[PDB]
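These notes are about the structure you will find just below.
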Amino acid sequence: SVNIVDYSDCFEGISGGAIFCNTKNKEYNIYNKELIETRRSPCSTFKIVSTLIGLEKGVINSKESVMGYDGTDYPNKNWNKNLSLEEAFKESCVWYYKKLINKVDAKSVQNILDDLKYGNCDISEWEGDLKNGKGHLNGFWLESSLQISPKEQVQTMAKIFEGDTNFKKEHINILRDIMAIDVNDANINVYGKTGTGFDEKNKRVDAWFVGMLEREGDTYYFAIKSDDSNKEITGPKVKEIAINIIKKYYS
Ligand SMILES: *C(=O)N1C[C@H](NOS(=O)(=O)O)CC[C@H]1C(N)=O
Ligand SMILES: NC(=O)[C@@H]1CC[C@@H]2CN1C(=O)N2OS(=O)(=O)O
């Protein structure tokens with residue numbers, strides 16, 4: 001059933017929530033239900049879905065696929081090269097995913113998000129939050145018009161990885177490959193993606209870790225989310241919290 005749980009010890013004083021769902025036995029474990037139901041920008045967690053869009057549309061084809069780096073200078077060393085899908089995903093390389101999505105027409109993206117029930121499915125601000133001054137390093141998924149709740153993230157993850165969408169199984173497997181995480185515990189498989197943004201209206205972070213976990217037959221889909229007012233709280237910090245929860249309660 002739906003169990004309300006207390007994972008606050010693992011959050012070590014940071015404000016947030018968590019939801020874990022096992023769809024075989026319909027076990028919903030929820031910490032901070034209000035937050036779990038609140039829609040926010042997905043930030044870089046949207047790269048999970050953008051990857052599948054690019055694969056389905058043929059813009060990319062494998063974890064080796066490239067997007068034609070043009071020499072633009074970036075402060076992240078690893079963005080300055082013709083990187084593969086696998087490396088762009090793990091580096092959260094914004095230029096790679098912006099070029100990818102701008103090869104896809106807006107109607108196709110709208111219909112895919114509608115089919116996935118991806119939050120408000122609002123792509124109206126296609127080029128993103130331009131008032132932050134970052135120009136082409138912006139898009140509808142980065143503190144802009146698209147918003148989704150942690151509950152809805154888990155529901156989307158489950159539909160994708162349980163095979164209930166029309167995405168090709170080959171493409172799902174590419175995603176699984178590039179999302180795998182090493183947590184120094186061979187008895188569980190963890191997959192996920194971080195995201196980091198700052199909600200300027202509410203003066204709160206949107207710090208995310210969303211993904212799935214396999215252990216001994218069972219699979220849990222999960223979303224961990226902070227909304228702290230402390231700007232030091234990032235996606236990577238929230239991934240730490242998620243792994244602590246997994247090791248304590250799901251091992
Ligand atoms: C992903 O979450 N990223 C972090 C950061 N997001 O900030 S934004 O929502 O204001 O755009 C920049 C994009 C991306 C990254 N790691 O570059
Ligand atoms: N970012 C990760 O993947 C985290 C961080 C370090 C390793 C891998 N992993 C863990 O869970 N670790 O910690 S450890 O279990 O204490 O060795």
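For this chain, numbers begin at 1 and follow the sequence in order. Each ligand, and each atom within it, is numbered from 1 in the order the structure gives.
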Practice task
Return the drug name for ligand 1.
Solution key: avibactam (bound form)
Handout entry: Chief contact partner of avibactam (bound form, ligand 1) - name in the PDB entry
Key = Beta-lactamase
Problem - Other-chain residues near avibactam (bound form, ligand 1) (heavy atom, 4.0 Å) - result: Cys43, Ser44, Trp79, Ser92, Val94, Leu142, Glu143, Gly195, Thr196, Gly197
Problem - Nearest neighbour in protein (non-hydrogen) for atom 16 (N) of avibactam (bound form, ligand 1) - result: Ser92 CB, 3.4 Å
Exercise for the section: Taking only heavy atoms of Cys43 into account, list the atoms of avibactam (bound form, ligand 1) that are under 4.0 Å away from them. Expected result: 2 (O), 9 (O)
Problem - Geometric N/O contact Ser44 with avibactam (bound form, ligand 1), under 3.5 angstrom - result: yes
Practice task
Decide whether an N or O pair under 3.5 Å exists between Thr196 and avibactam (bound form, ligand 1).
Solution key: yes
Practice task
Tell me the residue and atom bonded to avibactam (bound form, ligand 1) through a covalent linkage, or none.
Solution key: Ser44 OG
Handout entry: For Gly195, atoms of avibactam (bound form, ligand 1) separated by under 4.0 Å from a heavy atom
Key = 2 (O)
Problem - Proximal avibactam (bound form, ligand 1) atoms for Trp79, defined as those under 4.0 Å from one of its heavy atoms - result: 17 (O)
Handout entry: Residue and atom name of the nearest protein heavy atom (relative to atom 11 (O) of avibactam (bound form, ligand 1)), distance in Å to one decimal
Key = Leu142 CB, 3.2 Å
Exercise for the section: Tell me which protein heavy atom sits closest to atom 12 (C) of avibactam (bound form, ligand 1), plus the residue, atom name and distance to 0.1 Å. Expected result: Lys134 NZ, 4.2 Å
Handout entry: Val94 neighbourhood, listing avibactam (bound form, ligand 1) atoms whose heavy-atom distance to it stays under 4.0 Å
Key = 13 (C), 14 (C), 15 (C), 17 (O)
Problem - Nearest neighbour in protein (non-hydrogen) for atom 9 (O) of avibactam (bound form, ligand 1) - result: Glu143 CG, 3.2 Å
Which pairs of N or O atoms, one from avibactam (bound form, ligand 1) and one from the protein, are separated by less than 3.5 Å, and what is the distance for each pair?
| unit_1 | atom_1 | unit_2 | atom_2 | d |
| --- | --- | --- | --- | --- |
| avibactam (bound form, ligand 1) | 2 (O) | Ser44 | N | 2.8 |
| avibactam (bound form, ligand 1) | 2 (O) | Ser44 | OG | 2.2 |
| avibactam (bound form, ligand 1) | 2 (O) | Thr196 | N | 2.9 |
| avibactam (bound form, ligand 1) | 2 (O) | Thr196 | O | 3.3 |
| avibactam (bound form, ligand 1) | 3 (N) | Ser44 | OG | 2.4 |
| avibactam (bound form, ligand 1) | 6 (N) | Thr196 | O | 2.6 |
| avibactam (bound form, ligand 1) | 7 (O) | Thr196 | O | 3.2 |

